[PDB]
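Model: Androgen receptor / ligand dihydrotestosterone.
The sequence lines fix the lettering, A, B, ..., with proteins before strands; numbering per chain opens at 1. These values consider heavy atoms only, across backbone and side chains, with no hydrogens, waters or symmetry-generated copies. For ligands, and for the atoms within them, numbers begin at 1 and follow the listed sequence.
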Amino acid sequence: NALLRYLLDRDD
Amino acid sequence: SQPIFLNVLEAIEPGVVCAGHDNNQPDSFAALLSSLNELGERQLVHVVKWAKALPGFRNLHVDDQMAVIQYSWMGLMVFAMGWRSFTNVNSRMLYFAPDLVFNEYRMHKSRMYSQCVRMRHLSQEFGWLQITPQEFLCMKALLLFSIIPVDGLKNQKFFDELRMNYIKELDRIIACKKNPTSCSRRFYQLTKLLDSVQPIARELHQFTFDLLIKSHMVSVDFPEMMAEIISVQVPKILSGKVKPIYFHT
Ligand SMILES: C[C@]12CCC(=O)C[C@@H]1CC[C@@H]1[C@@H]2CC[C@]2(C)[C@@H](O)CC[C@@H]12
């Protein structure tokens with residue numbers, strides 16, 4: 001689930 | 001007192017998403033399902049960005065944030081697509097995307113005609129019940145919090161409180177009035193509508209899992225993120241480790 005994690009972490 | 005919860009939901013609601021489907025190729029199983037898988041992948045991006053802007057969501061453990069998203073995307077995307085179908089084509093067709101609208105022929109060709117019919121009934125419910133856009137936004141937000149592992153989440157406590165709060169927000173904006181019975185009836189109808197989403201999501205979950213298994217043999221491409229979730233998270237639902245939270249028994 002690396003790609004999902006990236007979408008969550010990026011900008012917050 | 002000026003509302004805030006609804007201001008946020010309306011503000012963050014995802015815009016139009018295209019599948020990238022080439023409507024020039026014939027309607028084949030492989031072409032339709034490959035485009036649906038691409039749409040799912042693109043829509044998963046908006047689901048993530050949306051969820052992150054939701055009130056209280058970032059107060060969940062990062063792993064729980066991933067979990068609810070990995071578990072509930074199917075339900076979320078079906079509910080939303082039923083709303084689009086209802087508003088764009090009066091539920092006469094399934095409006096997956098502006099460039100990927102299913103008619104009768106595509107429903108058959110997709111090999112999931114029964115599931116499409118059930119999705120069309122869902123869409124029609126938005127009309128039968130006269131669901132307001134506000135009620136639609138609140139119900140959809142609650143769907144994010146409607147599926148979890150039977151062992152619970154890392155911070156179940158906070159999740160249960162957030163879920164509770166989203167229920168109160170739904171209760172606050174239900175379309176009713178001097179007639180407490182009408183409100184009571186309305187809440188019953190909406191909770192019943194939400195529950196009916198789960199059996200549909202489950203059929204789609206079963207279908208997509210089976211499809212992924214024989215994907216190489218039927219020439220259906222699965223994008224990376226969908227492939228991963230369908231092979232890791234979806235089996236946990238099908239094996240009974242993760243279950244929906246129903247209102248009614
Ligand atoms: C969620 C999507 C895509 C987004 C949407 O509008 C609803 C729709 C419902 C059927 C799903 C599809 C994504 C890809 C799936 C999972 C296919 O593999 C079989 C069923 C498809």
Task: Neighbouring chains of dihydrotestosterone, heavy-atom cut-off 4.0 Å - done: B
Task: Numbered atoms and elements of dihydrotestosterone in range of B:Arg84, under 4.0 angstrom, heavy atoms - done: 6 (O)
Task: Proximity winner for atom 16 (C) of dihydrotestosterone, if only heavy atoms of B:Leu76, B:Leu204, B:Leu36, B:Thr208 are counted - done: B:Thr208
Open item on the list: Please tell me if atom 2 (C) of dihydrotestosterone is touched by the protein, where touching means a protein heavy-atom distance below 4.0 Å.
Closed with: no
TODO: Could you list the atoms of dihydrotestosterone found under 4.0 angstrom from a heavy atom of B:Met81?
DONE: 6 (O)
Open item on the list: So is B:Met226 touching dihydrotestosterone or not, going by heavy atoms under 4.0 Å?
Closed with: yes
Open item on the list: Quick test: of every protein heavy atom, which one is nearest to atom 9 (C) of dihydrotestosterone, and how far off is it to 0.1 Å?
Closed with: B:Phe96 CE2, 3.9 Å
Task: Any protein heavy atom < 4.0 Å from atom 21 (C) of dihydrotestosterone - done: no
Open item on the list: Give me the nearest non-hydrogen protein atom to atom 15 (C) of dihydrotestosterone as residue plus atom name, then the distance to 0.1 Å.
Closed with: B:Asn37 OD1, 3.8 Å
- [ ] Could you check atom 4 (C) of dihydrotestosterone against the protein and tell me its nearest heavy-atom contact, residue, atom and distance included?
- [x] B:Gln43 OE1, 3.3 Å
TODO: Decide whether the shortest distance between a heavy atom of B:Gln115 and an atom of dihydrotestosterone is less than 4.0 Å.
DONE: no
Open item on the list: Just wondering: what's the UniProt domain of chain B where most contacts with dihydrotestosterone are?
Closed with: NR LBD
Task: Residue part near dihydrotestosterone, for B:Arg42, under 4.0 Å between non-hydrogen atoms - done: neither
TODO: Give the residues of chain B annotated by UniProt as 17beta-hydroxy-5alpha-androstan-3-one-binding that have any non-hydrogen atom less than 4.0 Å from dihydrotestosterone.
DONE: B:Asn37, B:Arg84, B:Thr208
Task: Residue B:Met74 vicinity, atoms of dihydrotestosterone by number, heavy atom under 4.0 Å - done: 16 (C)
Open item on the list: Could you help me out with the residues around dihydrotestosterone? Anything with a heavy atom closer than 4.0 Å counts.
Closed with: B:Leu33, B:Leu36, B:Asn37, B:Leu39, B:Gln43, B:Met74, B:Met77, B:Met81, B:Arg84, B:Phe96, B:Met112, B:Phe207, B:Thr208, B:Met226
